[PDB]
Visitor: 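Context: structure of bortezomib in complex with ATP-dependent Clp protease proteolytic subunit, mitochondrial.
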Amino acid sequence: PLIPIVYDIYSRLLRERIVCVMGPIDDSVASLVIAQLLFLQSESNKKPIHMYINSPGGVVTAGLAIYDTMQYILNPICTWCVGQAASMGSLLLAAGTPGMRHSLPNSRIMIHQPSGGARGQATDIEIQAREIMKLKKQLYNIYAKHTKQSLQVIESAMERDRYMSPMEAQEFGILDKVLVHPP
Amino acid sequence: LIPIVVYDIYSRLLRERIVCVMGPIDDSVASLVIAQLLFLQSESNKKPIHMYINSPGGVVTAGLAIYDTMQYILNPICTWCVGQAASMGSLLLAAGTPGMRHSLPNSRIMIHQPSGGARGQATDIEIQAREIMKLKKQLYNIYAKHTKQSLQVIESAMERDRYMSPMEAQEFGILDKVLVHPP
Amino acid sequence: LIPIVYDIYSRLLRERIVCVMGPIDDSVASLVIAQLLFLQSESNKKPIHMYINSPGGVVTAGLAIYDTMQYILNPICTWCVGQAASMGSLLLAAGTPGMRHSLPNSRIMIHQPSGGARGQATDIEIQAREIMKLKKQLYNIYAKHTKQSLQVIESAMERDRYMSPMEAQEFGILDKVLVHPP
Amino acid sequence: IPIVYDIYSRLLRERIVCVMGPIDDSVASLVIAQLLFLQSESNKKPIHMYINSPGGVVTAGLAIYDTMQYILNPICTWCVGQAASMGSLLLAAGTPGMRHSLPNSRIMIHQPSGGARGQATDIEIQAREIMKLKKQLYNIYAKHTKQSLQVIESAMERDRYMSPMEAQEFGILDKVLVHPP
Amino acid sequence: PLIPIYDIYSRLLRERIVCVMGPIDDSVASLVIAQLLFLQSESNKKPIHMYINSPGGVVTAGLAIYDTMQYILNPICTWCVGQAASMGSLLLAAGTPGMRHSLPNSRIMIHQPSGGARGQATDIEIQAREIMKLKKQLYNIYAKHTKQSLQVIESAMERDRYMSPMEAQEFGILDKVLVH
Amino acid sequence: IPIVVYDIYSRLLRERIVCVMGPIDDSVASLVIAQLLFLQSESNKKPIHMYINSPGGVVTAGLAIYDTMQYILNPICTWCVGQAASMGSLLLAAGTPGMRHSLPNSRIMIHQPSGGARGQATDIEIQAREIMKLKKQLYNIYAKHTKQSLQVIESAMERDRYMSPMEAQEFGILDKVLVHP
Amino acid sequence: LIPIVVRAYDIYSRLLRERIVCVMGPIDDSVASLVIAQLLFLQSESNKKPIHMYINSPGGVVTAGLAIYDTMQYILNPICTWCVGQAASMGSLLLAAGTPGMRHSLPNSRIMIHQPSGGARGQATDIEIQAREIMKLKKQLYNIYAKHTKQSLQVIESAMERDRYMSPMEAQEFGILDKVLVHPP
Amino acid sequence: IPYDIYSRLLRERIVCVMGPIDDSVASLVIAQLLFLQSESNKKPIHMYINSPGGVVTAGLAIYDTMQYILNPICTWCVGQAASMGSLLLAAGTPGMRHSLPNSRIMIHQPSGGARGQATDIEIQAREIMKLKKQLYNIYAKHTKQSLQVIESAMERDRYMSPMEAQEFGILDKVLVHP
Amino acid sequence: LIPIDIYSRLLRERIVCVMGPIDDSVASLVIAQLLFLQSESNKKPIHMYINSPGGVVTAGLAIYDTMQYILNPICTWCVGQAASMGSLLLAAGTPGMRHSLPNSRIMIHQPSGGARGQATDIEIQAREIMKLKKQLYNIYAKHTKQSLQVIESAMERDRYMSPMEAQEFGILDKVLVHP
Ligand SMILES: CC(C)C[C@H](NC(=O)[C@H](Cc1ccccc1)NC(=O)c1cnccn1)B(O)O
Ligand SMILES: CC(C)C[C@H](NC(=O)[C@H](Cc1ccccc1)NC(=O)c1cnccn1)B(O)O
Ligand SMILES: CC(C)C[C@H](NC(=O)[C@H](Cc1ccccc1)NC(=O)c1cnccn1)B(O)O
Ligand SMILES: CC(C)C[C@H](NC(=O)[C@H](Cc1ccccc1)NC(=O)c1cnccn1)B(O)O
Ligand SMILES: CC(C)C[C@H](NC(=O)[C@H](Cc1ccccc1)NC(=O)c1cnccn1)B(O)O
Ligand SMILES: CC(C)C[C@H](NC(=O)[C@H](Cc1ccccc1)NC(=O)c1cnccn1)B(O)O
Ligand SMILES: CC(C)C[C@H](NC(=O)[C@H](Cc1ccccc1)NC(=O)c1cnccn1)B(O)O
Ligand SMILES: CC(C)C[C@H](NC(=O)[C@H](Cc1ccccc1)NC(=O)c1cnccn1)B(O)O
Ligand SMILES: CC(C)C[C@H](NC(=O)[C@H](Cc1ccccc1)NC(=O)c1cnccn1)B(O)O
Ligand SMILES: [Cl-]
Ligand SMILES: [Cl-]
Ligand SMILES: [Cl-]
Ligand SMILES: [Cl-]
Ligand SMILES: [Cl-]
Ligand SMILES: [Cl-]
Ligand SMILES: [Cl-]
Ligand SMILES: [Cl-]
């Protein structure tokens, strides 16, 4: 129910170098996750950081803030897909350190192109549409960077909502290990 | 309510070959106006039709439906700006037969680029944005056709909201005569 | 429910009486203008009686009625009944000179135009200039029919100026304050 | 509604049917009732159908379409303003050679949209039916535009906007006339 | 685009045509039954045309229309236009045998009755029992006019079942699928 | 409402047919009683047909129709079409004996009156005592026309009782369950 | 509010010290996070001591309940599931996910199993994608139930097509739980 | 709230079950009962009940927790104990169910709702009937009454004074002063 | 959660505040404070300050039974107002220890409620609200030393009383200004 006291249960996991990225991802969640990552880098810039992801997606800018912080900090980051990693969650899941992107057997991974809105005069419509297209190409480049897939494959896969099992997402290159029990 | 005679007041004006295009222009207003223009052409394809305009604007497709009907019917059309002819209302005012576009002294004319919205995936956003840009060039061409203005001048004038007196609109080419009393 | 004599307003329209009562929007402007054109078609010489009981309304809608009044050849006897505020007082003073009447207990209010604007700073300035253009335009119309200088029109309409029928006759808004028929 | 009866009843005397605004079961009822009434008056005289619709219900539009094809009268469709979604289907459903459009109209074609809710079995049934309508509407478009099913699927997969000339090239309409010839 | 002029449906009623389009409730049932009775009093032998474009509606109102169809002596030609779902499909199959028609691009949907119940457990059992009676009642009506087994009706109407005009003709809902 | 050449219900009122369909309130009671008085003035001997498709309604409104039914001298043929629940079943049984019919697939529901009470404890007693009077009063009316004992009425109408047309014929609510005349 | 036991903490913290995780109420991404966080905390304290999981849930999101499921299967600690009040929808799957022989239920609890429900909206291509994903989850949850109930996939499909309600003894015969206990044995 | 007072009473082995009963209230009560058992599985647990009722599944969760823990449970009806509250009042240890003089006890059959297709409607109705028999058997167990009298009493809303409930078997002692 | 709480400081001085509308939540807090004050000392008096316009009948009877159960003499003080159930708890104080400030007001009236459902249900609820009417009338008659007729006539409608009027009626004992 309430945040359990051991401090809150998440503060105890932060001591174990575990960051939870669960639920929709907005600027608020982006601020908390970037703050925990920076604190964990200041504690030790070599120890790994475990990032547990159970997110249905969220704002593009907020997730890209989390993504760049993950690539900036020197600590290896072990991403763990738990439950689901959809939309921005799947980008963060694939953004883990090579070889350390894991997923539980019954998770699901979803990738798709950005969605958004535009309103105003025709000039403002074109500026907003030009920007959301830049985001579409930008995220396609990020996915192709980490999945090591060709941009053609990324374009064809993320044009509509694409659902993947943990084995399928490993075959696509989004994750590296589908483990039931710990080896 | 609609006053009666010995029909409604607008029906009596429809007998006088007068069509009232007042208020915002949607598909319902376009239906009634086009129906009156077709009725008035069947009665006489030579007698002029007086179209009184007091509109702040409305749907682009509905206003373009009225515009094409005006250009299709063989009857000369005397457009009269009463009160205001803004947005699509100003296009219908300029769509009148040359030399037959009138305006009362204290009316105002407003011209501006089309506005709208777009929501969905990035591919859809581009589709709506490209379509609203097509309408922007299309409406600029219609204004440049009847105002005898260069397409650049139309772009520069309708980028923001541009308000004009009846004389400023006559100099612009939207209307032909500004009359206080009938000559 | 409109009493069926048709409706009582139609019976008065046959008597060349147009009622401009209530707030003035594009809808009221359409009906009033339509009634004025019908009455001009029936006779471009017979006078038209315009009864005004308005608290005001949209500027463009009232200016449509004003221009239609000035365009048609028929003399227009404007009667202020109840109140004539904002655009109502303008239509009251817009009647044919010497035919702008008022009842003894009516009131007349004149004030500067009001409105709003929203958007970017460029849009805000465009709307602000336009509402100032309307302000000068309406002030000139008042100065035209009240026979007043622009100085007096600006000073009076800066705030809400309420006038008795005598005060509006002195100011030039109306011409006759009658209790009983002439 | 002006009185002449209503202005639409006067155009119905001239054998004109207005299909403007969104298309639902109510609009389909009025349109079908006028078409049947116009066929009873004369099964040989043509019927002019003016369209200014952004689309509407699939079932209601297919009711109008089947009534158009059933009646023996030739039907001249006129795209005024816009004919989007079901409206463009009715525009193409006109008699071959009698599908017209005003110069500044626009025509939009897209695949059907809908929703589904319930158990996983219910979701599957609604999805199969939404796919049957997708293939059914694609076959109707390919029939009247004389286009291959390949081109219909590729065009109607996303929202496709066409000028009156582009729709004349695609086979949606036959003539784009400014002034009457 | 607004009740064309009397109303176009009154002109069709002179031609013995009754329109049953839209959802079906006590109001639609009242109008349809009134038109059918008027058409019987005018001529109790002339056929009555019943155009159906309904997504369904209230069971009681639809059974009111069904019983009036069976009671009046006039043959009834049911025409599936656009769609005939839920109760609309029952009225379509309620027509005089051999006079149930459908346009080429119509669709026919059959499913078991849906509803709600609220109150004490004793009450809950009462409405649920009444709901089941309607389920068996409608299953028997469908089997009567479709010439199908009660097993076929239960299997088909257990979930929402969507049919083309040819499929509904094979199932027995309608008789003729017009085409051009 | 379709128009003959007036509304379809007025044409049925010429045929001495009164429609009691939908919920029953003071407005529906006012129209039904006004038609019954008009039909008695036309002829106090010709029968009056009353078609009932009601889920019930206000108690006082339904008892107003009931008392009007009992007052006029015209034999009343009540017909249960679709359903006749709550007050609808009472007016169905209120028909002239031997002339209360029901179509084969209709349903008839009987239950005790429902209501609400709010205020001070004294006001709660006044309102609760009144609704008990309505329960005995309606039970006595049902026992009068159904030829059933008051015990059977109390046992049946304590909860919602649903009856087929044949079940209601045996209970005494209606007289004939006809399919084709 | 949450009672305090005296440091200081809530009553659920005291039960967490006793290695008791409460999964009560609807199961969403927020509940899944707290449950998974407590399970990992309990595993770091001792990867051999058993973890007691009390379940009183009417169900919830599929992805969240599967997040709890996979975490239970991942951690090495034996997990004793206890069905208290009700274990419906995803709650019943979490009841059967306990360590074999350690799935308990109180006498008056009830267990409910059914197929996943959802919704879909958009273009026909979108609708077809959502419907397929909803069917994948249906076969996936059927496979999980068949795994832990030791039932054939045929029985699972036939049972979970509609809402199936069970007594604690009925779920023990089906294989959802292991022992129905009144008082402590 | 003035730690909190309910924590002070929990130290005195007092669990307050007041207000409507849902899954949240059931979780807190069960958590307090388990903590009190871990402190001492022999000392009694006082359960003060002032509830107009609530969810069946939640109240059954509290009841089974009361029957599972070894501690004798002293139930006290204060203000009122209606619907599920009366069951938890009767769920007390035999001879340890008390009630204040001006308390109120109400018993009635379960209420609920159902919606969906006819097949679903039946499934819900059959389940709400199972809960009806289940709660009837639980009431018949602690009140030492036949199942037939339980159906008849709980068919409609039945209100009882503290002495009437003691007669029915819901509680044991009606005290004014200790 | 305002001053550093002031009510905990008053509870140390054996003061229980019963102010605002009375529901099951206010009853739970008041009863818990009374039980805590009895555990500290079953002889020292408990001061109960009442500023309530009334509330739920069952909640007010819970507080009343808790007042009568505990052995501590309870000093009830009518501050501001003591209406509906607030007047019952004011009269529920230990005889001779029911006080009131000079400018307070005390209101007594019959119970109010509502009922909805079938006629059978409507009667069951109406029968119960009548039981509560007699029950509260007997409680008021017990502590005010008044006859049942005086209770019925006074509480049939809303009856407002000054502290002196409530002292003569038997609701309180002392009307003090400056102590
Ligand atoms: C495709 C991946 C990168 C992101 C997906 N989400 C988005 O694209 C989100 C979904 C959204 C957010 C706010 C309002 C409406 C919709 N789209 C955007 O963030 C966005 C941002 N700027 C312009 C237009 N859209 B998914 O839900 O994480
Ligand atoms: C600019 C002149 C030529 C015409 C103007 N019409 C419009 O702006 C209208 C009114 C409108 C409708 C929806 C949202 C925003 C605005 N815009 C459109 O019709 C429209 C059509 N397609 C895409 C986007 N906007 B005016 O009548 O406001
Ligand atoms: C000042 C006299 C001459 C006319 C007055 N009319 C107006 O003030 C009207 C009524 C109005 C409408 C919207 C918001 C506020 C007010 N104002 C306008 O018409 C208006 C027009 N353009 C820009 C801003 N306001 B009065 O209220 O009739
Ligand atoms: C694609 C063309 C042929 C027809 C289009 N019609 C529809 O999309 C319509 C309108 C609609 C309804 C809900 C959600 C979105 C849209 N869709 C349907 O009629 C419909 C019918 N059955 C199942 C699902 N959708 B158009 O008129 O928008
Ligand atoms: C299944 C076919 C034969 C008939 C279908 N009709 C119904 O299911 C209708 C639609 C409806 C009406 C009111 C409240 C809830 C639901 N269901 C009922 O009439 C109904 C009857 N009794 C109890 C509960 N619902 B269809 O027209 O949706
Ligand atoms: C029981 C049969 C005879 C009549 C039934 N009617 C009632 O129970 C109705 C339900 C109702 C309807 C509208 C507004 C308020 C209450 N009961 C009453 O009208 C009513 C009126 N006064 C006191 C008590 N009940 B049925 O239509 O539910
Ligand atoms: C059937 C058992 C296995 C699980 C059930 N869960 C669901 O039905 C849940 C309820 C839910 C949650 C969030 C949003 C929408 C719907 N369904 C889903 O999670 C879900 C997931 N993907 C597609 C469609 N529905 B139960 O907890 O109702
Ligand atoms: C009869 C006693 C045992 C319980 C009474 N309450 C119930 O039965 C409650 C009433 C209720 C009220 C609001 C929201 C949800 C449910 N019903 C249930 O718990 C319930 C449980 N399963 C199926 C159907 N209903 B009482 O009012 O607490
Ligand atoms: C008259 C004095 C003695 C008591 C007064 N209390 C009441 O009237 C209270 C107000 C109330 C509270 C909760 C829910 C409904 C109504 N009445 C009842 O508690 C109540 C209880 N059962 C049946 C009818 N009314 B007063 O407002 O405190
Ligand atoms: Cl890194
Ligand atoms: Cl003039
Ligand atoms: Cl066809
Ligand atoms: Cl044809
Ligand atoms: Cl027949
Ligand atoms: Cl009679
Ligand atoms: Cl494990
Ligand atoms: Cl025990």
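Every chain is numbered from 1, with letters handed out A, B, ... down the list of sequences. Any value given below was found using the heavy atoms of this structure, including those in side chains, with hydrogens, waters and symmetry copies removed. The deposited model was determined using X-ray crystallography, 3.2 Å. Counting starts at 1 for both ligands and their atoms, in listed order. Excerpt of entry shown; contacts counted in excerpt.
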Visitor: Which numbered ligands or lettered chains belong to bortezomib?
Guide: ligands 1, 2, 3, 4, 5, 6, 7, 8 and 9
Visitor: By chain letter, what other chains have any heavy atom closer than 4.0 Å to bortezomib (ligand 4)?
Guide: D, E, G
Visitor: Which UniProt active-site residue of chain D lies at the shortest heavy-atom distance from bortezomib (ligand 4), and what is that distance to 1 Å?
Guide: D:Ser85, 2 Å
Visitor: Within 4.0 Å (heavy atoms only), which residues surround bortezomib (ligand 4)?
Guide: D:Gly55, D:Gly56, D:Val57, D:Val58, D:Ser85, D:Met86, D:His110, D:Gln111, D:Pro112, D:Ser113, D:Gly114, D:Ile130, D:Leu133, D:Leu137, E:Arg107, G:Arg121
